[PDB]
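Let me begin by presenting the structure, written as structure tokens, before commenting on it.
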Amino acid sequence: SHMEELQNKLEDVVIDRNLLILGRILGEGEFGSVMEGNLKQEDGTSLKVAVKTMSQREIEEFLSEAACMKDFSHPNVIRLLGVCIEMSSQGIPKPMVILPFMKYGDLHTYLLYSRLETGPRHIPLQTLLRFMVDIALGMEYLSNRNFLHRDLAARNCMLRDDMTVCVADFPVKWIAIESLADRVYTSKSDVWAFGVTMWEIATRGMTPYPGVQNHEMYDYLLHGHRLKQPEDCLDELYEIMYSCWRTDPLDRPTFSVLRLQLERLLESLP
Ligand SMILES: CCc1nc(C(N)=O)c(Nc2ccc(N3CCC(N4CCN(C)CC4)CC3)c(OC)c2)nc1NC1CCOCC1
Ligand SMILES: [Cl-]
Ligand SMILES: [Cl-]
Ligand SMILES: [Cl-]
Ligand SMILES: [Cl-]
């Protein structure tokens, strides 16, 4: 059964490389690049997509990992469309991930662009808190499938045509105190990272803990200091984000609890 489900998921996940046309490069780096593409669909029409380029063992885990994420269906979690693996001239495998195109790019850049004239308009507080709700909803879905994100941050949240946020790509300043110390990581560690992401949103893209350096962070945290309240951040919003950084991770709210707080606060806005 367990196996049977894995076998099916595996069936679905691969896309014939001839259904796919690559385009220009949207952002090149270390692990690799993100490029625009067209995915030929079952109905005969093409779809604009994004295309991410990243041992047979690491190949097979990539494929098994891709199969599980393809099963994820929620509007605040980025849909994996499928995978291609095209071989090089030197012979190393090149594993491509296919994603729906996110017109507005990543949330962190978008927030930064918004403080420029020619960027997106100033983002009203209501919209910012809607971004938080969307992300909490995404992470609730994940925590209910017991899946850990590991790298939640504003730069890994993506903005869709319709300004829905979805979590994606699932960084000392984002890492829970317990995980710095004992390398151990629960959903409550994702909750920590969420709390930081909320702050990145509420500051419109500031790097967490100005004036503190990465190497200083465990002690800074170990002495009870946390991120400060941003100017024009509602106290209730700050309370919600501060609960994410409680020392005991058992004392932190679940995503489901956070989401419910965030939506209530949003509803109470005029
Ligand atoms: C989850 C991985 C990922 N998925 C997607 C996706 N599913 O579609 C994706 N798309 C994407 C779409 C559009 C853009 N644009 C480019 C033009 C720019 N212009 C510049 C010129 N300026 C005058 C006006 C603005 C505005 C942003 C984009 O920028 C990088 C990315 N990116 C992903 N990963 C990135 C990798 C780099 O780090 C951020 C996350
Ligand atoms: Cl091509
Ligand atoms: Cl999506
Ligand atoms: Cl900044
Ligand atoms: Cl701070």
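Residue numbering in chain A adheres to the PDB entry, whereby the residues present occupy positions 568-621, 627-742, 763-862 in order. As the structure lists them, so they are numbered: ligands from 1, and atoms in each ligand from 1. The header says X-ray crystallography, 1.9 Å. In what follows, every heavy atom counts, from backbone to side chain, and hydrogens, waters and symmetry copies are set aside.
At ligand 1, the drug present is gilteritinib. The main partner of gilteritinib in this structure, judged by heavy-atom pairs under 4.5 Å and named as in UniProt, is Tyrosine-protein kinase Mer. Neighbouring residues of gilteritinib under 4.0 Å (non-hydrogen atoms) are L593, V601, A617, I650, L671, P672, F673, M674, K675, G677, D678, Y685, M730, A740, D741. The residue of chain A annotated as active site in UniProt and closest to gilteritinib, together with its heavy-atom distance to 1 Å, is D723, 10 Å. Within chain A, UniProt domain annotation places most contacts with gilteritinib in Protein kinase.
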